[PDB]
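Below is one structure; the comments refer to it alone.
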Number of protein chains: 2
Amino acid sequence: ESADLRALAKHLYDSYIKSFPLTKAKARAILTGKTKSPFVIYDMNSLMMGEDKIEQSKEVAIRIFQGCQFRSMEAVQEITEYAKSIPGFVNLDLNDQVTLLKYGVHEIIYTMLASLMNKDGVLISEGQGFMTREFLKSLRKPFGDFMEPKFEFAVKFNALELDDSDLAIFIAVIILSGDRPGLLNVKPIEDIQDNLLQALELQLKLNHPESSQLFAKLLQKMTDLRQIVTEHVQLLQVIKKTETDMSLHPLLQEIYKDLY
Amino acid sequence: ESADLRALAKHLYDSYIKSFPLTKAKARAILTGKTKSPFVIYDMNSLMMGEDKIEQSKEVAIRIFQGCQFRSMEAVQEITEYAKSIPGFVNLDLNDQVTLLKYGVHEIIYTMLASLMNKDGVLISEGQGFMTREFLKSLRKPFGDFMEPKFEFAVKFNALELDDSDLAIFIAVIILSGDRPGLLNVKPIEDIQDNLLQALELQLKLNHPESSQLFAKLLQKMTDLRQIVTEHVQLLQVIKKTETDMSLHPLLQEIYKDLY
Ligand SMILES: O=C(O)Cc1ccccc1Nc1c(Cl)cccc1Cl
Ligand SMILES: O=C(O)Cc1ccccc1Nc1c(Cl)cccc1Cl
Ligand SMILES: [Ca+2]
Ligand SMILES: [Ca+2]
Ligand SMILES: [Ca+2]
Ligand SMILES: [Ca+2]
C-alpha cells in the first residue's frame, strides 16, 4: 500500500539524515556558491597550502590516495549505522549482514561521492576543500587515474538529478542485493529489497513525474557501480603490489582487526 | 608548570565529556536515586521482562556474556576517539598507537565500568537497567564468575572516590603505558605519560587534599587491572574452547575485519 511505502521512504530519509551529515543538498549549495567558500586545490602548490589550511609526509600521490582510502573506511561507520536502520536488516543472519556490507559499501561510497562532485572536481573535508579533477589526473602513474572512473560515473549519475530522498532509498536497495557472493539465505534479502524497490518506484513517480523510465535508469546504474568497484579493487592490488608500505586503514579499523 | 598541567587536565576532561556520554556523575546520581528509575534484573523472570522492556535467543548465560562482550567492543570506538584527543598520541607510530589501544582498552573498560557499579550490581543500557551481582553470579559455570573480578575491583576502586576529572587523566595514563609487549619506540610514549602523571599528581592534590598518597593508590590499581584483563582473557579462551558458536563481535568490527 502507498501509505506504507511512503512511511518506509520517510523512515529511510530520516535515518539517512541522521547517519550522513553532509547531504547532497548542502554539497550542491556549496558547489554553486549558494552559501564559507572551500579551499581549492588545483596544483601542488595549493595542495601544500591547502593541507596546511585544514604522523608522516611521503610523496603527495600516496598521501592523497591514502586520504581517500582512510575517508572511505571512515565512511563505513555511517553506512553500517544506516544499514541497521533498514527494516529487517538487523534480523538477517550476521554472516549475511556482514557480506551485504562487505560488497555494498564501495558502491555506496561512490554513489554518495557523486553528491560531492562536479565535472571539475570534488569536495573533501566535510565540504571545506575542493580538489580538481585535473589535479587528481596530474598525479603520476598509477595514481593519476584512480578517481576518473568515479568522475565519469558521477557526471552521468548526477545528470539524473536525484535528491537526498531518492538516494536514501537507492542506497538501501544496493545494500540489500541478494546476489552478493557467499550469501546463506538469499530469500529474506530479496523480500526486503522488493519492498525497497517498490518504495523507490513510488518515490520517483512523485519526485520525478516528468521522468518516466527513470527507475530503470537507476537500476542500470547499479551495474555501472559494480564496474567501478572492480576497477578500484584491481587498482588497489596493483598499488599494494608496487608501492611498499602505505597505511590504508584508520586507527579504529586496525584495533578492531587486532582485538579480533 | 602548573598552568600547563591544569590546561592539559582541563583538555582531557572536556574530551572525556565529549567521548563518553554516561559520566560517573550521572551514573552515581542514578544509583542513589538522585534523578527515571532503571529496570532491575535480579532473576530469570526479571531478565526476560527486562530484555523485552528495553537476531537470535540462545541460553541466557550466553546472551548475557555476549551482550557484555558486544558492549565492550562497542566501547572501543569512544575510547579510540578519546585517545586521539590526547596530546602527542596521534603523532606516534601507527603500529604503536594500535598496540597501546590493543592492550589498554580492557583496562579502561573495567575502570569505567566501576563508575557504573555498586556492591550490589551494575548499570546497563546507558543507565536504563540494573543487573544484580548475585543474579550474574547465579549463571551456570563458567559464566557465573565472569563479572566477579570486576565487582571486586570496582568496590575497592570506588572507595577512592575519584570523579570524572581525575578519571579523564587516569585513563590517559593507562593508554600511554610504555611497557605494552611489542612497542617500537618506547621513549616518546614514556615522555607523554610522565606529563600525564604530573597532571594527575597535581589533579589529586587539588581535588583530594585530605588524601595524601592517593596517587600511589591509583598507581597500585593499574597493576590490579592487569590481573583482571588476564583473568578475563583466560576465561574467554575457555568459553571459546567449550561453547560452540556465539558471536562476540558487533557488526562494525566484523566488516572492518572483512574489508581488511
Ligand atoms: O573528504 C571527504 O570527506 C570526502 C571523501 C569521502 C569518501 C572518500 C574520499 C573522500 N575525499 C577525498 C577524495 Cl574523493 C579523494 C582523495 C582524497 C580525499 Cl580526502
Ligand atoms: O550496557 C552498558 O552500556 C554498559 C556496559 C559497558 C561495557 C561492558 C558491559 C556493559 N554492560 C553489561 C555488563 Cl557490565 C555485563 C553484561 C551485559 C551487559 Cl549489556
Ligand atoms: Ca605542510
Ligand atoms: Ca523533481
Ligand atoms: Ca522476549
Ligand atoms: Ca574531593
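Chains: A, B, ... assigned top-down by sequence line. In order, the residues displayed for chain A correspond to 207-241, 244-262, 272-477 in the PDB entry numbering, which applies throughout. Sequence positions for chain B are given in the PDB entry numbering; the residues included correspond to 207-241, 244-262, 272-477, in order. In each ligand, atom 1 is the first atom listed, and ligand 1 is the first ligand listed. All heavy atoms count here, side chains included; hydrogens, waters and symmetry mates do not.
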From the options adefovir, desipramine, fidarestat, nomifensine, diclofenac, give the one found at ligand 2. diclofenac
Give, per UniProt, the macromolecule that holds diclofenac (ligand 2) with the most contacts. Peroxisome proliferator-activated receptor gamma
Heavy-atom neighbours of diclofenac (ligand 2), other chains, cut-off 4.0 Å: B
How is the binding site of diclofenac (ligand 2) composed, by chain and residue number, at heavy atoms under 4.0 Å? B/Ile281, B/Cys285, B/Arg288, B/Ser289, B/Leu330, B/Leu333, B/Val339, B/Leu340, B/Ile341, B/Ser342, B/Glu343, B/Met364
Flag B/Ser289 as yes when one of its N or O atoms lies below 3.5 Å from any N or O atom of diclofenac (ligand 2), and as no otherwise. no
Under 4.0 Å from a heavy atom of B/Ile341: which atoms of diclofenac (ligand 2) are those, numbered in the order shown and with their elements? 1 (O), 2 (C), 11 (N), 12 (C), 18 (C)
I need the source organism for chain B from the PDB entry - what is it? Homo sapiens
Report, in ascending order of atom number, the atoms of diclofenac (ligand 2) lying under 4.0 Å from any heavy atom of B/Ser342. 1 (O), 2 (C), 3 (O)
Looking at B/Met364, which atoms of diclofenac (ligand 2) are within less than 4.0 Å of one of its heavy atoms? 14 (Cl)
Against diclofenac (ligand 2), which UniProt domain of chain B provides the most contacting residues? NR LBD
